[PDB]
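Bound complex of RNA-directed RNA polymerase and HCV-796.
Positions are given from 1 along the sequence. In listed order, ligands and their atoms are each counted from 1.
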Amino acid sequence: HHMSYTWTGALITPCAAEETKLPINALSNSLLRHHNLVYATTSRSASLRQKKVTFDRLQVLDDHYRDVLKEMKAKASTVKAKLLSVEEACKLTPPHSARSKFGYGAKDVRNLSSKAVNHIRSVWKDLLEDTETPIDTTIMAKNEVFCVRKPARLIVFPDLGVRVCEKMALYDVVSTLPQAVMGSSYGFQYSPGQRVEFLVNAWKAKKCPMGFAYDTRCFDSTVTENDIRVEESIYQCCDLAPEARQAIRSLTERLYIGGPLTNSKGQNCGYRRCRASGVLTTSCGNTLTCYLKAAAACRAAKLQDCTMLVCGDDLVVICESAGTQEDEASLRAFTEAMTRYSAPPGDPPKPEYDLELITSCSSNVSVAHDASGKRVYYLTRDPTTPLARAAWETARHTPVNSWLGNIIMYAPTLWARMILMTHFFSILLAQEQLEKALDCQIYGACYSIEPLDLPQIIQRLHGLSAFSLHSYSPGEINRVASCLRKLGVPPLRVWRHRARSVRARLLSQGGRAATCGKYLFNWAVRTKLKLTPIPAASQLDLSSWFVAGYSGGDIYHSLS
Ligand SMILES: CNC(=O)c1c(-c2ccc(F)cc2)oc2cc(N(CCO)S(C)(=O)=O)c(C3CC3)cc12
């Protein structure tokens, strides 16, 4: 047997009181009236998840797997990465990162306090000197908001001191290596606008395109000890500082391959023998491992002219069709291979012949036209979870604000423009907090963003057309309308009226507030201002953006 986890029987315990019901609040109710549909997960459902994530892994590797691995290693040897200093790693720590068991918190780390730095230095030295002793981890039930119920997701993470050391050893590796190894297939390197262009190009370049998303069942749990050792072998192909090599070796043996699980009450909950969901390498490791397995499976299945796009455990393949029945057979062969590699599917993949019908990372491509009449493709999603979360975050102050990330990531969409932007700029205006920087998440990492910079951020990530899409697709119109009815969200007509008021108030303030009124809410007015490129937009330093943070979220960047 080769189980993802073993358990003692000790419970996964909360760190505080956990709310399950959406609070009834006047502001939140102006967004969403059917509050009974909205719930937050809690530790009370943790045992159901434990059952789901615990299973035997079977893995058999073949020539296709080893051939791709050899190629990946050759490419990794063209990478150089540096150690981060204590201070650099400290400043990548989000302010609400979990505090250390050893007498300090995230703010102490961020302020370079002597206690924090001294402990981090001691942990680093211990990684260099000890390559064997398993490192402790905490296991927690996540508290996440959904519309109706899902059991809580689990997160597994080491102490804050270790997390800072991970950054020192590996931040520059995870930031640099995947592009070199996977090329254009590395999904996190693209902005949303670049991602759509890549997909449309890839689709439209085929004579007869076929595409599918591949859903691996509980990916972290399918990741074997050998997978994690293979990942390390790829990291070690880089040109690294001697201390980096040692710390990576130590982290792999002591933390990444497995270790003990401790609850918030300090009790031994069990042992992990699979991917930790809350370590620095979770996203990069999953991406490399998913790519390796999938690339090998493509060859096993004899798929023709494959284009792969990989974001962690999320995979899309676009290829040349051989005919419907032939494609069905190839997908079965693909699934068989992934299964042999210990990446069995949740829902078996289905061949799709319409690009807009593929869903990956909860998203699909759709089409509109911009102010110039040009056809524009963009990424959208069902707005249910975004709106449910926005309602919760309106009722309750939350440390990380999903609504801001959703505005940024889904800026071109009908629902982000008409509902999210209107709702939150109305509240920020009323509360006089337009200037206040807020923490949000983009690609699972944490960003401090000033709402007043949104026009420039949107232009950089999506292009100028984000501010003028019209003629949304009937499917998209209907999905949005169905969502609003289900959740009890006011009609778009109401949002238009609210936005006109928000826009006028913003324009009156001048400065960036006025830019927000002009660009974000031009859709709301009959007499539309001519929107030209915002010159200051190119000033934003996005060099260090898009490093993936799933599922720990423990990377921080402030927009500069
Ligand atoms: C392998 N899959 C992919 O690369 C992604 C697809 C996708 C690809 C092909 C297809 F046919 C349909 C959809 O949509 C995405 C949306 C996001 N975003 C949000 C995800 O939370 S976003 C809108 O910011 O770009 C991301 C973010 C995580 C990097 C990744 C993807």
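Counting all copies, HCV-796 can be found at ligand 1. Summary of contacts: the protein heavy atom closest to atom 19 (C) of HCV-796 is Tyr410 OH, 3.7 Å.
Atom 10 (C) of HCV-796 has as its closest protein heavy atom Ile358 CG2, 3.8 Å. Residue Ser360 has at least one N or O atom closer than 3.5 Å to an N or O atom of HCV-796.
Protein heavy atom nearest atom 1 (C) of HCV-796, with residue, atom name and distance: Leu309 O, 3.2 Å.
In the entry, the organism recorded for chain A is Hepatitis C virus. Note: an N/O pair closer than 3.5 Å links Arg195 and HCV-796 by distance alone.
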